[PDB]
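Structural view - volasertib in its complex with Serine/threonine-protein kinase PLK1.
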Protein chains: 2
Amino acid sequence: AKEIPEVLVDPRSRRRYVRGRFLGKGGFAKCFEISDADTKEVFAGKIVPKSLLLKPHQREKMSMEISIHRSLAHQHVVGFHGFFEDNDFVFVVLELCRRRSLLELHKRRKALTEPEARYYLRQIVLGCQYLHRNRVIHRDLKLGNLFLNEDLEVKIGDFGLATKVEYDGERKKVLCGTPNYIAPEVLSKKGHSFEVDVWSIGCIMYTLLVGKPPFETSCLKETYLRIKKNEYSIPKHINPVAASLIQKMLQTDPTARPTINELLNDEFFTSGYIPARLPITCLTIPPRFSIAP
Amino acid sequence: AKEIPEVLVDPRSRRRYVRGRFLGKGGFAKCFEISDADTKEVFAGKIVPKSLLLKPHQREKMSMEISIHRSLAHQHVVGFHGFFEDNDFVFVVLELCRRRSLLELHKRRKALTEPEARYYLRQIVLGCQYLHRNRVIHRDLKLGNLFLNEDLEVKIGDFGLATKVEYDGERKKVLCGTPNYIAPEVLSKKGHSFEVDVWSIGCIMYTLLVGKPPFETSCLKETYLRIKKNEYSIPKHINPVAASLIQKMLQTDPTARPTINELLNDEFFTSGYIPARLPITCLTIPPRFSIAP
Ligand SMILES: CC[C@@H]1C(=O)N(C)c2cnc(Nc3ccc(C(=O)N[C@H]4CC[C@H](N5CCN(CC6CC6)CC5)CC4)cc3OC)nc2N1C(C)C
Ligand SMILES: CC[C@@H]1C(=O)N(C)c2cnc(Nc3ccc(C(=O)N[C@H]4CC[C@H](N5CCN(CC6CC6)CC5)CC4)cc3OC)nc2N1C(C)C
Ligand SMILES: [Zn+2]
Ligand SMILES: [Zn+2]
């Protein structure tokens, strides 16, 4: 094997990070809490060994992820605080999100209450508005990529499938990777762009409100077939205003969906209660939003 | 971890296999030479731990592979000699192919001579004729799945993506897995059948004669795009009769390709030299097929 160092030094910034506890691993990366030995402030470190970056294509994907993410700064995007490397590893320094992601929330709570769905969906949309106006398509928005800080604020992360739109009307023809909430224009390989992320948000909203994803089966290719056929249903207990907005977003024709900028003007948002914040108990117990002191 | 036993007992057949040397691993399986303690004859054992078969879908794929393969017996198909299980593992007993596969040959020889290509391609086609007349589509014919015994005879193996055609004109809509030489009707998800294997044979013939696969790029999705666009070329040094047959097989429209039964009647075969066998040196040195004693 090749061992990961206990202290990480960036020679340009002159900065040292002590490697703390293990956060998880996925794709090519192992992740740890890392504290700046000097400033003592804590980060999420993503460490990827160069032994798995032997092919130029895999290196280029890494370089792109970093290039896209380093140029982003927004309240609902994961803060990018630096990156550096030695002969064995690439280290990326990211904003630590102490409440993990909406994945862990969903596992614990299943369907959320409408106001909670509204609260998270608004921050997800705001994050994505920022992306899209800077010509970035995320292309893998999912529960696992929507991180939550201490105050239950959403931070969009994992730009491993993101791409920049370089000219007006550019249709991306290729997507290297397998998103979760994957849009029909991708699956048929007919060309794709910004609308891909609105599709994913539609899936996310369905999941948050219903407690299961709209095209789930026990087989991935069977699911892609459902998505091709637009074969989902919205349970009757879902409110019509929410159901309508889901249906607008989850449409086969990309050009028929709303754009990211329209969404917060939908009646789902403008005529429903949007809490200003959620108490920490919302990780565990459904909130009833009492008017009581 | 969970340790694999040194001796494998099948309680129905009453048979014991001593576990010999490690052959390799891929997907979910570790593979070893295994000798029948009684008869002393040697097999290839594919051992897959049940800890990776926790989902019904993954178990069903295994059951299907076995069901398809156990019902097959042909000179150019890998012999199926049994299967059994304990609480921790499934064990499959297969014909040992001491010369590994055409993958290892290709790595060592690159482009083969025309007569060699003819020799292997004929056995590949014969194996596939057998499959197709028993309504089996292999769906992942590639160099790595075309094993060679001591006498350099081809044995088609890995039925992990195979499917049975249950009625006339059935179009398979789904393929769980990622073939190497993947046909355009699969990639676009428009429905597919027997023609898928002829496409793969076209790719195999290209590879055997040219020394590289027809749609290779440094990115898998980029390759799928080439295949969508039928974007390959045949080098000028390839003989026109071979080039013509490749082009007939490597066509976007499935219904425009030859069927497996037509192939051996192609001029590529009927008007070229087909050696009756190849000497062992053909693993390493190009043969010149001298008429000299
Ligand atoms: C860095 C990349 C990405 C990203 O881009 N950003 C921006 C990001 C930001 N912030 C975080 N935070 C946390 C992530 C995770 C945790 C955790 O508790 N992890 C635990 C998960 C279960 C593990 N257990 C399972 C049961 N095992 C026992 C066996 C019997 C069952 C023993 C081992 C132990 C570790 C805490 C966090 O915060 C304190 N993660 C991020 N990630 C990734 C980690 C997905
Ligand atoms: C069973 C499933 C499938 C199947 O369905 N059928 C029907 C089948 C039939 N027959 C075989 N035969 C053989 C397969 C393989 C070998 C070999 O030499 N393997 C070696 C490969 C390199 C490994 N090395 C690499 C360098 N490492 C050192 C480091 C520094 C580089 C050390 C470890 C050591 C083992 C020999 C065979 O025959 C004697 N395999 C089959 N397979 C699979 C194995 C693909
Ligand atoms: Zn599947
Ligand atoms: Zn790629």
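Chain A corresponds to the first sequence line; subsequent lines are lettered B, C, and so forth. The residue numbers of chain A are those assigned by the PDB entry, with the residues present covering 37-329 sequentially. So for chain B, numbering is the PDB entry's, and the shown residues are 37-329, in order. Remember, it's 1-based here, ligands and their atoms both numbered in the order they're listed. So this one's X-ray crystallography, 2.5 Å, going by the header.
- Looking across the whole structure, one can locate volasertib at ligands 1 and 2.
- Chains touching volasertib (ligand 2) with a heavy atom below 4.0 Å, listed by letter, come to B.
- Among protein heavy atoms, the minimum distance from atom 21 (C) of volasertib (ligand 2) is reached at B:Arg136 NH2, 3.9 Å.
- Intersecting the UniProt ATP-binding annotation for chain B with heavy-atom proximity to volasertib (ligand 2) (under 4.0 Å) gives B:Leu59, B:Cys67, B:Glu131.
- For B:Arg135, no heavy-atom contact with volasertib (ligand 2) is shorter than 4.0 Å.
- Within 4.0 Å of atom 27 (N) of volasertib (ligand 2), not a single protein heavy atom is present.
- For atom 7 (C) of volasertib (ligand 2), the closest heavy atom belonging to the protein is B:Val114 CG1, 3.4 Å.
- The presence of a protein heavy atom under 4.0 Å from atom 23 (C) of volasertib (ligand 2) is ruled out.
- Taking atom 5 (O) of volasertib (ligand 2) as the reference point, the nearest protein heavy-atom neighbour is B:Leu130 CD1, 3.5 Å.
- The residue in chain B annotated by UniProt as active site that sits nearest to volasertib (ligand 2), with heavy-atom distance to 1 Å, is B:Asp176, 11 Å.
- Closest protein heavy atom to atom 41 (C) of volasertib (ligand 2): B:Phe183 CE2, 3.4 Å.
- The protein heavy atom nearest to atom 35 (C) of volasertib (ligand 2) is B:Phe58 O, 3.6 Å.
- Of the protein's heavy atoms, B:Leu59 O, 3.9 Å lies nearest to atom 20 (C) of volasertib (ligand 2).
- Counting heavy atoms only, B:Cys133 comes closest to atom 10 (N) of volasertib (ligand 2) of the residues B:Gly180, B:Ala80, B:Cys133.
- Closer than 4.0 Å to atom 15 (C) of volasertib (ligand 2) lies at least one heavy atom of the protein.
- Comparing B:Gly60, B:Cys67, B:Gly193 against atom 2 (C) of volasertib (ligand 2), the shortest heavy-atom distance belongs to B:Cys67.
- It turns out that no other ligands or ions are under 4.0 Å from volasertib (ligand 2).
- Of all the heavy atoms of B:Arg57, the ones lying under 4.0 Å from any atom of volasertib (ligand 2) belong exclusively to the side chain.
- UniProt domain boundaries put most chain B contacts with volasertib (ligand 2) inside Protein kinase.
- Close approach of volasertib (ligand 2) to B:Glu69 (heavy-atom distance below 4.0 Å) involves ligand atoms 39 (C).
- Binding site of volasertib (ligand 2) at 4.0 Å (heavy atoms): B:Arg57, B:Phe58, B:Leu59, B:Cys67, B:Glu69, B:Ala80, B:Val114, B:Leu130, B:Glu131, B:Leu132, B:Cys133, B:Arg134, B:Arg136, B:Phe183.
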